[PDB]
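In this PDB entry you will find danoprevir.
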Amino acid sequence: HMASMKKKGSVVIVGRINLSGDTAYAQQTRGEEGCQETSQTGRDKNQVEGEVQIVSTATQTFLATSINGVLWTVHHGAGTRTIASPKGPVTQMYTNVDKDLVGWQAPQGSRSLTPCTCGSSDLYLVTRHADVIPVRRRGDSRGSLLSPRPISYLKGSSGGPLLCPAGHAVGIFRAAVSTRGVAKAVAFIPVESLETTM
Ligand SMILES: CC(C)(C)OC(=O)N[C@H]1CCCCC/C=C\[C@@H]2C[C@@]2(C(=O)NS(=O)(=O)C2CC2)NC(=O)[C@@H]2C[C@@H](OC(=O)n3cc4cccc(F)c4c3)CN2C1=O
Ligand SMILES: [Zn+2]
């Protein structure tokens, strides 16, 4: 009945993929109990750093990537949810189910990637375990893994970036193309589609 209707929680930043140095590594900044509480309140006072965040809801964990001052992720992870922030829940500024794309204003302290203008097809996918996987671009929204991986390896990395050699954002990881559970290719949201959305 109306009085007892629940609301979905916020997406919560729970860590980040550190790409600053010469070693890439995943860092957790909030544990599960704190994530649960922050999802309910929508109030997150933790400091945010870096370009790739690890994000969670009550039921899923995935990635989100800052590009041109917007924190982007996949709709199949975030739905229409708010994101937790120091001042309470923040509403999505972009929602596009047709593109499997959402975005919120980038949190204070994040750093943004620049959209790629290189026209280059040698790419790199960053996973939630901070693996940096070479990917050859094969079309507007597809690329092949140079070394195939079981899909287990890629699960939870949607919302992460594909980058060019120079570290520009080329796209947002959306889906794995798998045969018999082995991913030989990935599908991504091209950065130009984000740029049009903006
Ligand atoms: C499209 C094609 C060629 C048929 O392929 C596939 O459908 N294959 C599957 C293989 C799944 C096995 C695991 C693969 C491992 C990792 C995958 C990256 C990943 C992920 O980590 N999600 S998550 O755990 O973080 C999760 C917590 C956030 N995404 C998925 O699972 C997505 C979700 C779902 O697809 C979608 O709802 N949309 C809506 C779209 C709108 C436009 C364009 C698109 F393409 C769209 C795809 C199926 N997905 C695949 O990948
Ligand atoms: Zn580039």
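All chain A residue numbers match the PDB entry; in order, they span 982-1179. For ligands, and for the atoms within them, numbers begin at 1 and follow the listed sequence. Scope of the values below: all heavy atoms of this structure, side chains included, with no hydrogens, waters or symmetry mates.
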Subject >> Where to find danoprevir >> reply: ligand 1
Original post:
What would the PDB entry call the macromolecule that lies against danoprevir (ligand 1) with the most contacts here?
Top reply: NS4A cofactor-NS3 protein chimera
**OP:** Give, by chain and number, every residue with a heavy atom within 4.0 Å of danoprevir (ligand 1).
**Re:** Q1041, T1042, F1043, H1057, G1058, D1079, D1081, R1123, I1132, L1135, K1136, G1137, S1138, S1139, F1154, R1155, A1156, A1157
Original post:
Heavy-atom distance from atom 48 (C) of danoprevir (ligand 1) to the protein below 4.0 Å?
Top reply: no
Original post:
What are the atoms of danoprevir (ligand 1), with element, lying closer than 4.0 Å to any heavy atom of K1136?
Top reply: 15 (C), 16 (C), 21 (O), 24 (O)
Subject >> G1137-danoprevir (ligand 1) polar pair, N/O distance under 3.5 Å >> reply: yes
Original post:
Any non-hydrogen protein atom below 4.0 Å of atom 35 (O) of danoprevir (ligand 1)?
Top reply: no
Original post:
Under 4.0 Å from atom 14 (C) of danoprevir (ligand 1), do we find at least one protein heavy atom?
Top reply: yes
Subject >> Sub-4.0 Å atoms of danoprevir (ligand 1) with respect to non-hydrogen atoms of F1043 >> reply: 25 (O), 27 (C), 28 (C)
Subject >> 4.0 Å protein heavy-atom contact status of atom 2 (C) of danoprevir (ligand 1), strictly under >> reply: no
Original post:
Hey, which atoms in danoprevir (ligand 1) end up nearer than 4.0 Å to a heavy atom of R1123?
Top reply: 3 (C)
Original post:
Does an N or O anywhere in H1057 fall below 3.5 Å from an N or O of danoprevir (ligand 1)?
Top reply: yes
Original post:
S1138 heavy atoms, cut-off 4.0 Å: which danoprevir (ligand 1) atoms fall inside?
Top reply: 21 (O), 25 (O)
Original post:
Which residue, and which atom on it, receives the covalent bond from danoprevir (ligand 1)?
Top reply: none
Subject >> Verify atom 11 (C) of danoprevir (ligand 1): protein non-hydrogen atom under 4.0 angstrom away >> reply: no
Subject >> atom 38 (N) of danoprevir (ligand 1) - nearest protein heavy atom and its distance >> reply: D1081 OD2, 3.5 Å
Original post:
Are any of the N/O atoms in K1080 less than 3.5 Å from those in danoprevir (ligand 1)?
Top reply: no
**OP:** Heavy-atom contacts with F1154 under 4.0 Å: which atoms of danoprevir (ligand 1) show up? List them by number with element.
**Re:** 17 (C), 18 (C)
